[PDB]
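Structure follows of DSM265 associated with Dihydroorotate dehydrogenase (quinone), mitochondrial.
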Amino acid sequence: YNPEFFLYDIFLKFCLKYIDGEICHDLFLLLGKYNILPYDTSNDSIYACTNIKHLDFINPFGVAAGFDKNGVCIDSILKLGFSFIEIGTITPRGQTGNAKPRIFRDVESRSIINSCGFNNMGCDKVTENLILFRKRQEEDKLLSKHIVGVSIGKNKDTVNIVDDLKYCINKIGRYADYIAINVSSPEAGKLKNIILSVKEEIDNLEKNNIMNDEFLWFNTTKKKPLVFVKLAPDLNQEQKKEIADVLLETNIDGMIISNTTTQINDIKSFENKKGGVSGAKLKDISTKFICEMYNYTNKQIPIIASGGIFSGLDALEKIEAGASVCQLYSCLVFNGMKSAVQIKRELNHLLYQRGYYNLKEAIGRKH
Ligand SMILES: Cc1cc2nc3c(=O)[nH]c(=O)nc-3n(C[C@H](O)[C@H](O)[C@H](O)COP(=O)(O)O)c2cc1C
Ligand SMILES: Cc1cc(Nc2ccc(S(F)(F)(F)(F)F)cc2)n2nc(C(C)(F)F)nc2n1
Ligand SMILES: O=C(O)c1cc(=O)[nH]c(=O)[nH]1
């Protein structure tokens, strides 16, 4: 609640009004890189703890993929009050992505559309960035117990998809607390192949190193990274159940629901635009998708929420629907740096008013 946050949020609101989106994004990533952004040093409520398997989160809010694609601003973003961040999506080789401008935002609807095109510095350089962070994390009190996942994907013109992801794992898998596979860009038999192949590569990292785990997994968990998969919402009920089966057969560690959507036409400033939409308008679509997969998987696979989360209320819908954890993106654009502090406040208070003992008790409370 400091003036630090408050003053910065004025600057951001101003930037939001006048300056191009991707230009704004990079500007504040830069400010974070030089560590002049504010901190949230509050103790988080132990009643809003959560986990995905043996992967524990000190609080249920993190940042989604695509926000810090190259892992350049990991400390500063985590210290805003987030329990974790998902970097990437990265590819084995650097990409430029599509032509600019490629990101636009509608303020009134609190929505965004993008056709970035998986721009990133490539797996090699980003791994060097994550390593440097991991080294800083050993020295910084505030980064303890904070989780860093890595989103991985295939190059535009890939020879083979699996091989792209395989390279990324070999390079960066040691520094990741979990690995996110996203097949959501704006047959199931080919998916199962991918998922398995990823678990095997991770399992191979363990086998082919002589070191014990403490000195092998240079991450937070000190164990091999979990395997999540991120799904787009533009599928039919048949696709979803077909996939739902796969995730069970592979015994995947969690699923990130969801990515952006192409099926929104009622945003006026966006009618000229191609890409995937995110923000408020994605909220209701996203939540429904969680109920479905939660049902289709019969509640065996943990879920990670993404799509139009702005408030402690929005967060609770995802949780009761079946999510264990939430990711923010659009909220930070429209609500600023206070988003983590603010949303954690709002959620803690609601859990009380809704008579919940803790957050885990509320997970999947939509029958
Ligand atoms: C500019 C931009 C870039 C994104 N890049 C990625 C990405 O690289 N990988 C990914 O899985 N999701 C990416 N996303 C999607 C977000 O991770 C998130 O799923 C989506 O924005 C919905 O969250 P929200 O409604 O809170 O904004 C991107 C979104 C935006 C707006
Ligand atoms: C004012 C503004 C800010 C912003 N992103 C953003 C906002 C805040 C921060 S941060 F991380 F201030 F501490 F929270 F630096 C980092 C990135 N974006 N991102 C975009 C976009 C949609 F182009 F990606 N437009 C923006 N406009
Ligand atoms: O980089 C992108 O263009 C992108 C990737 C993704 O997974 N989702 C999205 O909305 N954009």
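In chain A, numbers come from the PDB entry; the residues present are 161-346, 356-383, 414-566, in order. Order of appearance sets the numbers: ligands from 1, and atoms from 1 within every ligand. Atom set for the values below is all heavy atoms of this structure, side chains included, hydrogens, waters and symmetry mates excluded.
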So, DSM265 - where exactly in the structure, counting duplicates? ligand 2
Next on the checklist: Can you check which residues touch DSM265 if I set the heavy-atom cut-off to 4.0 Å?
Outcome noted: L172, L176, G181, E182, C184, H185, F188, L197, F227, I237, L240, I263, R265, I272, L531, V532, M536
ask   = Got the closest protein heavy atom to atom 2 (C) of DSM265, with its distance?
value = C184 CB, 3.6 Å
Specify the protein heavy atom at minimum distance from atom 26 (C) of DSM265: its residue, its atom name, and the distance to 0.1 Å.
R265 NH1, 3.5 Å
Tell me, which protein residue and heavy-atom name are nearest atom 8 (C) of DSM265, and how many Å apart are they?
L172 CD1, 3.5 Å
Which of the atoms of DSM265 are close to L176, meaning less than 4.0 Å from one of its heavy atoms? 1 (C)
Those atoms of DSM265 less than 4.0 Å from some heavy atom in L240
13 (F), 14 (F)
Hey, quick one: which residues UniProt lists as binding FMN in chain A have a heavy atom under 4.0 Å from DSM265? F227
Practice item. Can you pull out the closest protein heavy atom to atom 5 (N) of DSM265? Residue, atom name and distance to 0.1 Å, please. Key: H185 ND1, 3.2 Å
Hey, which atoms in DSM265 end up nearer than 4.0 Å to a heavy atom of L197?
-> 13 (F), 15 (F)
message = Just wondering - which UniProt-listed active-site residue of chain A is nearest to DSM265, and at what heavy-atom distance (1 Å precision)?
response = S345, 16 Å
So which protein heavy atom does atom 16 (C) of DSM265 come closest to, and at what separation?
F227 CZ, 3.2 Å
*Could you say whether the N/O atoms of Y528 and DSM265 ever approach to under 3.5 Å?*
no
**Report entry** Heavy atom of the protein closest to atom 10 (S) of DSM265 (residue, atom name, distance)
**Finding:** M536 CG, 4.1 Å
Practice problem: Specify the protein heavy atom at minimum distance from atom 20 (C) of DSM265: its residue, its atom name, and the distance to 0.1 Å. | Solution: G181 O, 3.5 Å
Review point. Can you tell me which residue and heavy atom of the protein come closest to atom 7 (C) of DSM265, and the distance to 0.1 Å?
Key: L531 O, 3.6 Å
